[PDB]
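The next PDB entry has dexamethasone among its components.
Letters go in sequence order (proteins before strands), and every chain restarts at 1. Computed over heavy atoms, backbone and side chain alike; hydrogens, waters and symmetry mates excluded. As the structure lists them, so they are numbered: ligands from 1, and atoms in each ligand from 1.
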Amino acid sequence: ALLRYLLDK
Amino acid sequence: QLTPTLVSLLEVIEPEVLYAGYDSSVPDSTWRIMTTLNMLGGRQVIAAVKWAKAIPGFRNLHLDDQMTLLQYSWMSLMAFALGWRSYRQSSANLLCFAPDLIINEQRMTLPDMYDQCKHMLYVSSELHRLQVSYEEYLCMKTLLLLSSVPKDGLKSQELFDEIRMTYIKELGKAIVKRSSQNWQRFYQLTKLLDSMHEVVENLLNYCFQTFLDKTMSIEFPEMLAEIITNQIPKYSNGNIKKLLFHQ
Ligand SMILES: C[C@@H]1C[C@H]2[C@@H]3CCC4=CC(=O)C=C[C@]4(C)[C@@]3(F)[C@@H](O)C[C@]2(C)[C@@]1(O)C(=O)CO
């Protein structure tokens, strides 16, 4: 989840 | 060196050690520590992601791919780096988690402590057995990110492999510096990235119980929550693939 925001941010 | 090396790169893209933030003074407590590693874990992890996007070709893979790769090998990467740190001087084998959170002779004597550190010591003791240079470590560090994949490859498999090899190539050049039967040296190292698969395994077996039982009283930062929660019954369906070198 955040892992994705961090990944795609 | 035929301009910036992909090696001399990861070296600068390599993250900077974090501090546990441990209190020490108050007599040591088994979980007080474990729970202190976990908080720290999530940060290293986070720091790892930044480290990953920072790698050549990574941002290129399809995001959902990049998203699961880390998901798998976070443990593997967390343990490989630490081995390094302990190997860095701790002749007493001392587990070095942070510059302020080291695990000595008697801290190891604590409850169900050595019961799990034994695995982490494996690494450093092994790394110490193969005198891995910072260069080789960096390159292997990266290759552990690719230690495991789905069972059906990824939306960027072709790419993924493409990349992977290039590092397996960068590692060769790495071993090279310093010749002869370099091929054996390669073998030893290579069999140790495979060793990690078992290693990363026992750690999950210990990490999941503790993450489960609240009769333990150990706490994880949210980071590892999403991450654990997910990967748990997940990989426990043989839906993943532990990539090897030697069968
Ligand atoms: C042995 C397992 C696996 C452990 C992790 C192994 C990888 C690691 C390397 C570090 O440099 C800092 C923290 C971590 C990320 C870790 F050390 C902690 O989080 C605590 C941990 C989950 C564990 O001790 C527990 O089961 C705690 O309950």
Worksheet item: What are all the ligands or chains assigned to dexamethasone?
Response: ligand 1
Fill in: Main binding partner of dexamethasone (ligand 1) (name per UniProt)
Glucocorticoid receptor
Worksheet item: In this structure, which other chains have a heavy atom at a distance under 4.0 Å from dexamethasone (ligand 1)?
Response: B
Worksheet entry | Contact residues, dexamethasone (ligand 1), heavy atoms 4.0 Å | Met34(B), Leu37(B), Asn38(B), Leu40(B), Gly41(B), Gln44(B), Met75(B), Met78(B), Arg85(B), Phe97(B), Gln116(B), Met120(B), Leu203(B), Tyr206(B), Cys207(B), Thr210(B), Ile218(B)
Discussion item. I keep wondering which UniProt domain of chain B most residues near dexamethasone (ligand 1) fall into. Any thoughts?
Written reply: NR LBD
